[PDB]
Amino acid sequence: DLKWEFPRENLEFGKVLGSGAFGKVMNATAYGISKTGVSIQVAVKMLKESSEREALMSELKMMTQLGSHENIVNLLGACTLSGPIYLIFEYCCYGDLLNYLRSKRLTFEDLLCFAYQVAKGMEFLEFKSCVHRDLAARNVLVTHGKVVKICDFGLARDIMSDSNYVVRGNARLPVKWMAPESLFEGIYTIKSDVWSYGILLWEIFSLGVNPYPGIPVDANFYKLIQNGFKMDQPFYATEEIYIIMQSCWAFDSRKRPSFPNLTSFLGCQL
Ligand SMILES: CC(C)(C)c1cc(NC(=O)Nc2ccc(-c3cn4c(n3)sc3cc(OCCN5CCOCC5)ccc34)cc2)no1
């Protein structure tokens, strides 16, 4: 974090766009930011009113080195001096993809376009050797165009409140989005996020349905995944797309396809 420091006085807060237990994300008007253009809309990541502060700091350290990508929420600046730590991001108008799709409850191409950009964005993370711990529809944002951006509501989401996060250790985790090796062996590779992508792929073509509908997370649930159980075809998906999901749902971690291949898989469908 060398040149990313932005004046806190040139920042004008607005309404809160989602608050966690210890942190919040708000809308803001930034003066003198891009071309020093008329003040634009930005997303500011912050903490609500100590040990947790360091968690946000490393998140900022990650952004500056990861570089800017079209399908990843871009870092525009930061405020680390004289006050609470601020993280200025690119503002997304339509919010998360999860709430955006149930709101729809737009063509089939747009569903493919979303998945393509997500897989293309994930490729950029694999190239940088980075593993997304919570890849889902609730962690991807949509902007003014047909483009989607990958993000992480760490400290931004009250994981205690969301039903998706179940207690299986000393912290909640998205069970229905995790790979088998992560479930019982706690192994997290980039091919584990491929599994998460498959689950993500489902809720995209199932329009924001919770995965494994009707069936809750219990002692029985873990046994199905261990038995190689996979989900049925979503309603708005075609046959070719479903084969990608079950490929991402291969029990053997090696068998799952690389995100590079996924970029090429969905791309050919234009
Ligand atoms: C993923 C990666 C790179 C590994 C990573 C992420 C990370 N850490 C993060 O990415 N943190 C993070 C958290 C939130 C945002 C964020 C949220 N929102 C925006 N950016 S824009 C926006 C707009 C919203 O809607 C407001 C009103 N709605 C508008 C549209 O209509 C309905 C209402 C709601 C939330 C929201 C960005 C980054 N650290 O590493």
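Here the PDB entry sets the residue numbers for chain A, with the shown residues being 600-648, 652-707, 783-947 in order. Determined by X-ray crystallography, 3.2 Å, according to the entry header. Each ligand, and each atom within it, is numbered from 1 in the order the structure gives. When reading the values below, keep in mind they use all heavy atoms of this one structure, side chains included, and skip hydrogens, waters and symmetry mates.
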Worksheet item: Under the nomenclature of UniProt, which macromolecule has the greatest contact count with ligand 1?
Response: Receptor-type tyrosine-protein kinase FLT3
Practice prompt. Provide the recorded name of the drug at ligand 1.
Written response: quizartinib
Worksheet item: Which other-chain residues or nucleotides lie under 4.0 Å from quizartinib, by heavy-atom distance only?
Response: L616, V624, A642, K644, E661, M664, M665, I674, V675, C694, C695, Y696, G697, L802, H809, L818, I827, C828, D829, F830
Discussion item. So, looking at chain A, which UniProt active-site residue gets closest to quizartinib? And what's the heavy-atom distance, to 1 Å?
Written reply: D811, 8 Å
Discussion item. Quick sanity check - which UniProt ATP-binding residues of chain A lie within 4.0 Å of quizartinib on heavy atoms?
Written reply: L616, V624, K644
Worksheet item: Which organism does the entry credit as the source of chain A?
Response: Homo sapiens
Item to complete: Find the UniProt domain of chain A where most residues contacting quizartinib lie.
Response: Protein kinase
